[PDB]
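Opening remarks: the structure here includes GZD824.
In this chain, residues are counted from 1 in sequence order. Every number for a ligand or one of its atoms is a count from 1 in the order of the listing.
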Amino acid sequence: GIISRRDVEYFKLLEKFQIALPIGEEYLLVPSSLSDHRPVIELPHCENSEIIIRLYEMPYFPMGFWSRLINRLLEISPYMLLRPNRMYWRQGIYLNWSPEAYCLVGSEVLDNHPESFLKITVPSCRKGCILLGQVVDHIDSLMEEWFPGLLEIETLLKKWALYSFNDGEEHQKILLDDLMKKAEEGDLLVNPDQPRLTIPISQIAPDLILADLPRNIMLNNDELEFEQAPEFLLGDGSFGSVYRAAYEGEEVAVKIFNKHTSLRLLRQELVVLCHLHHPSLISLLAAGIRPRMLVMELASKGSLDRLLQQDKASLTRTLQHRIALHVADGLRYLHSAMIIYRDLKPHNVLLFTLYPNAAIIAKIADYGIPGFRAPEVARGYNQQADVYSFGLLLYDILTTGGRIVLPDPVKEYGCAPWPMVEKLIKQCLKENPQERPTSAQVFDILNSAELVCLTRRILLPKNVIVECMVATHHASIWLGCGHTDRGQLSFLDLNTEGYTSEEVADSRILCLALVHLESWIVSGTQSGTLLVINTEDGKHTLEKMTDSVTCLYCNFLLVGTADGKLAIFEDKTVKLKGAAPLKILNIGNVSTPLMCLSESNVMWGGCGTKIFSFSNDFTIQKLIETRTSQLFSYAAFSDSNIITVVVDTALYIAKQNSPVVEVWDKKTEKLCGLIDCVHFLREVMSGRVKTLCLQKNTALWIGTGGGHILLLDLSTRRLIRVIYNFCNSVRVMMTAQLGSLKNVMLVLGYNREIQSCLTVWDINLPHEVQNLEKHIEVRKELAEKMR
Ligand SMILES: Cc1ccc(C(=O)Nc2ccc(CN3CCN(C)CC3)c(C(F)(F)F)c2)cc1C#Cc1cnc2[nH]ncc2c1
């Protein structure tokens with residue numbers, strides 16, 4: 001019946017309907033028209049004491065039983081804890097690795113017995129015990145799943161173990177139920193007529209004592225301090241018969257299979273557990289038969305369902321993200337092994353620590369022992385149903401309480417916004433299973449520090465573009481717009497998203513500043529008018545500048561004009577109409593606009609291609625011509641006007657249309673280094689620098705014209721991260737306060753008719769990137785170590 005693949009070559013359907021059943025080496029089984037007889041098999045051993053014989057007496061073989069059985073047994077291996085010499089018949093299969101590892105499963109007929117028999121013969125060794133365990137597990141699973149009713153009341157199905165007291169005698173039979181009772185009564189089978197003739201109950205039925213367990217899984221009863229009492233019940237009724245106990249000095253959870261059809265459920269759960277080695281799944285420590293027992297690791301902090309209602313204060317954003325990441329990792333692990341977690345809910349998620357930075361926080365458990373079902377599950381599993389269950393779990397994690405005690409999580413429960421988690425919840429809850437992401441995709445989405453550190457994403461009205469923005473030093477943003485010839489001043493409320501606007505100037509508003517005394521906002525427009533508007537009262541003008549006001553800084557107020565001039569006002573001066581600046585001075589010329597200013601005190605500034613510096617005297621101290629960096633940079637980049645200067649210990653200079661950020665020494669006035677943004681972007685796959693912002697906690701934020709954010713570590717200037725997929729062009733970037741001591745970075749980006757957006761990032765984004773990468777590496781190392 002064996003047919004080569006090339007002689008037949010769809011195949012998945014052939015496997016489904018028991019047509020192909022691939023063997024290996026491009027060979028198909030095709031049970032139909034096989035040898036139909038026993039092809040003379042001589043076993044390595046022929047004595048009673050060297051073999052184990054297990055008999056299944058049945059009234060008949062069900063149709064399709066042997067084909068499915070052989071398909072199941074084709075994958076057996078004693079090393080799954082050499083290539084076998086496989087042989088096939090229609091009703092049987094023979095495997096042979098070695099004289100110490102073989103398995104003969106085949107049909108059998110007794111004299112004067114109409115009933116059919118299935119005989120399993122293995123060597124009397126550990127490998128033979130493992131093979132026997134696998135074979136009987138496969139047979140029992142097959143009968144449970146494909147042929148129910150042959151098991152219930154029995155149904156003339158009997159299981160026998162064949163034994164003898166002396167080599168050379170004929171095998172006697174004992175039912176597995178009677179032998180199971182004797183196994184609890186003792187460890188020996190006794191000849192009723194001659195007590196002197198004794199055999200071990202094991203090694204004729206070694207699967208009844210779990211002798212095929214891995215060496216590290218066998219119970220050491222000398223190390224187990226376990227008492228079965230309701231005082232030690234775990235979850236005062238939950239989790240079923242789960243008890244607290246001590247094993248090898250550590251507190252563990254103990255599941256009891258007593259008072260039921262034990263050694264079938266226990267063996268099934270062992271078959272499931274022993275091949276699952278994953279950091280996100282609860283780990284099996286031991287198993288036993290004296291009481292039918294599973295000993296697993298104990299979760300110190302209980303389950304997630306109890307935490308979501310009792311200790312809501314502990315659910316920080318980092319802890320929630322780590323719990324979600326661990327659960328998604330566990331689901332990916334289960335789905336990669338073709339294993340389905342049917343019912344996932346907060347009750348099934350165990351917590352080991354509440355420390356957000358721990359390597360292991362959450363694990364998935366399925367104890368013994370509704371509204372957490374996919375529509376196709378509720379109406380009627382599938383991996384998409386598990387993805388839907390994970391979406392529900394992530395919704396429950398995101399919301400404070402709610403369902404555990406769908407509508408929009410933020411409006412209904414308060415639930416401070418988590419923009420990139422709500423999108424994942426929406427994707428995971430799609431009704432059509434084929435549109436839902438896979439568990440690997442879900443984990444890949446959650447494995448992103450952009451997901452953690454993205455706090456808000458506010459979208460402005462269409463075709464309204466914003467030239468400048470300034471935040472009140474107190475979640476209120478003033479915007480100077482330029483989508484018109486008459487400049488407009490807008491106000492955006494970042495707590496309750498709300499946009500208002502008003503036209504205040506004849507020309508576009510190029511820059512904004514806040515003067516705090518009373519508080520006022522100075523708008524510098526293209527015509528040069530400095531329009532000072534009260535921040536509490538509605539809509540003064542200061543002395544008009546000779547050209548466009550290109551920068552405003554605010555102590556004093558500094559007005560850098562496009563004419564290369566710097567005007568200096570006192571805070572009390574700007575309060576009155578038409579007041580002249582305290583000073584005016586020339587650093588550049590008509591063609592060299594004063595385009596940036598910064599503080600570090602000493603006031604640095606960038607005008608044309610020059611870095612100028614000044615102290616309280618308002619006189620120029622240092623003039624550094626950056627043009628010379630053409631010797632190290634490219635000429636067209638170093639000849640461009642400086643658009644922003646950032647100073648902490650060295651000057652960081654960005655130039656117009658230039659993808660290179662220059663680093664200059666404050667003391668020697670010499671070029672310290674160059675940062676090539678195109679080089680960094682090519683590692684991920686424009687580069688022109690538009691914004692340049694500094695985080696004092698060791699980070700440089702570079703906004704590019706292609707909508708990317710380069711996070712650099714200003715120590716050897718290594719690349720921390722590249723953030724993207726949020727806009728098409730970064731236009732403004734600045735640090736701000738949203739209240740409640742929340743430090744944020746506001747990125748005004750563009751989605752180009754034109755859709756401009758304001759994105760809020762947590763100030764600890766580089767630290768979160770590094771921490772998440774280290775966490776993922778540690779978890780990967782753990783998964784590799786577990787095998
Ligand atoms: C004592 C105990 C025994 C067993 C388990 C267990 O989960 N077993 C288990 C079984 C199956 C599966 C996977 N199957 C595959 C297909 N199936 C259809 C679906 C899933 C999983 C896997 F994990 F792989 F999904 C785990 C947990 C505990 C426990 C405990 C404990 C520990 N500490 C605690 N503290 N408070 C309470 C508490 C409770």
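Ranked by contacts, the top partner of GZD824 (the one with most) is named in the PDB entry as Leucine-rich repeat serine/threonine-protein kinase 2. UniProt assigns most of the residues of chain A contacting GZD824 to the domain Protein kinase.
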